[PDB]
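Heading - BI 224436 complexed with Integrase
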Protein chains: 2
Amino acid sequence: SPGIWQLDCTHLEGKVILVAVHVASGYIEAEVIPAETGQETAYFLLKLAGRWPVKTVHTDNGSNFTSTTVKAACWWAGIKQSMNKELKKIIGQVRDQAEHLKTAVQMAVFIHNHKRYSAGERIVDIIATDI
Amino acid sequence: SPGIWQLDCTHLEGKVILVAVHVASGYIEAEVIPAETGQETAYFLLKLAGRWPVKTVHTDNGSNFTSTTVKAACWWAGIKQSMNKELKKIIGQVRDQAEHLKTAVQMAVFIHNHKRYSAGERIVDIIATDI
Ligand SMILES: Cc1nc2ccccc2c(-c2ccc3c4c(ccnc24)CCO3)c1[C@H](OC(C)(C)C)C(=O)O
Ligand SMILES: Cc1nc2ccccc2c(-c2ccc3c4c(ccnc24)CCO3)c1[C@H](OC(C)(C)C)C(=O)O
C-alpha cells in the first residue's frame, strides 16, 4: 500500500538519526535529533504527514510509539499503526567530506533517493497513480 | 516549470520560519530555525533537494543566498538561481492549540498542503508527469 511508512532510529557518533522509509518505493527521509524521545518522534511524524499521505506507520521497536506525544501526533494526522544499512554505508562513504554528521546524512539521503527508476521517482509515481 | 522553488523566511514570536513553496503547485515545506543564517539555509536546501527535483530556487530577499555555505549546497545539489500570508493565517488559527510555535507551523503546513485538488496532490502529479 502507498500509505505505509516505517520509522526507526539509528545511532552514529553518539547522535540519533531518525529514518523514515516509504515501504513501497524505498524513498527515505531522515533527520538528526539530539536524543531518542517521543517529542522528537511526534514532531517528525507531524512533518512527514504534512508532506505525504501517511496512513500507517511501522517500526522495528514498538516501544518507540508508546508516548503520549507520539499518540497525539498520530491522532491529529489520522495515522494508524537493509535500506537503513544501505544508508549507513552511504553516510560512511561521504562522512569525511562534511564537518557535521547531519550534513553527511542529508547527502546520503540525496544520493539514495536519486540513485538508479530512482526511489524519488517511484514514490511520486506511486502516490500520483493512487490519486 | 516543475523544478522551481521559492524560499523565504518569516518572523513570528521572535523566531524564524523558513518557508519553501513549490511554485507550480503551491505545496509548502517549512522549518522553524533559531536565527536567519546561511548555514541554516544551506542545510534546508540540502534536505529539500534530496526529496524533490530542485532545479532552481527563487527568493524575495536575494542577499539570503550570498553566503559560502548556501553556494556550496547549491553547487553540490545542482541547484541554479501570498501563500506565506495564507500560512501565517493558518498558523494564527491553530497557534493556541499547541505549546510550541514549531508544532503550530507543521500543523499549518499539513492543513495547507491537504486543503482543497490539494497542493500535495498537485505536486506529486506535476512531478510524476514530468518524469
Ligand atoms: C509539548 C507537547 N506536549 C504534549 C503533551 C501531551 C500530548 C501532546 C503534546 C504535544 C503535541 C504533539 C503532537 C500534536 C499536538 C497537537 C496539539 C497540541 N500538542 C500536540 C496537534 C498535532 O499533533 C506537544 C507539542 O510538542 C511536540 C509536537 C514537539 C511534541 C506541542 O508543541 O504542543
Ligand atoms: C559547516 C560547513 N561549513 C562550510 C563552509 C564553507 C562551505 C561549505 C560549508 C558547509 C557545507 C554546506 C553545504 C554542503 C557541504 C558539502 C560538503 C561540505 N560542506 C558543506 C556537500 C553538500 O553541501 C558546512 C556544512 O554544514 C552546513 C551544511 C550545516 C552548513 C558541513 O557540515 O560541512
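Quick note on labels: first sequence line is chain A, next is B, and so on, each numbered from 1. One-based numbering, in listed order, for ligands and for the atoms of each.
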Contact chains, BI 224436 (ligand 2), heavy atoms < 4.0 Å: A, B
Part of B:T69 with heavy atoms under 4.0 Å of BI 224436 (ligand 2), whether side chain, backbone, both or neither: both
Under 3.5 Å: N/O of B:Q39 near N/O of BI 224436 (ligand 2): no
Entry source species for chain B: Human immunodeficiency virus 1
A:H100 contact mode with BI 224436 (ligand 2) (heavy-atom cut-off under 4.0 Å): both
Mode of B:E40 contact toward BI 224436 (ligand 2) - side chain, backbone, both, neither (heavy atoms, under 4.0 Å): neither
Atom 24 (C) of BI 224436 (ligand 2) protein-contacted (non-hydrogen atom, under 4.0 angstrom): no
Binding-site residues of BI 224436 (ligand 2), heavy-atom cut-off 4.0 Å: A:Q97, A:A98, A:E99, A:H100, A:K102, A:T103, A:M107, B:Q39, B:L46, B:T68, B:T69, B:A72, B:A73, B:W76
Below 3.5 Å only, please: the N or O atoms of BI 224436 (ligand 2) paired with protein N or O atoms, distance on each line.
from	atom 1	to	atom 2	distance (Å)
BI 224436 (ligand 2)	26 (O)	A:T103	OG1	3.4
BI 224436 (ligand 2)	32 (O)	A:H100	N	3.0
BI 224436 (ligand 2)	32 (O)	A:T103	OG1	2.6
BI 224436 (ligand 2)	33 (O)	A:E99	N	2.9

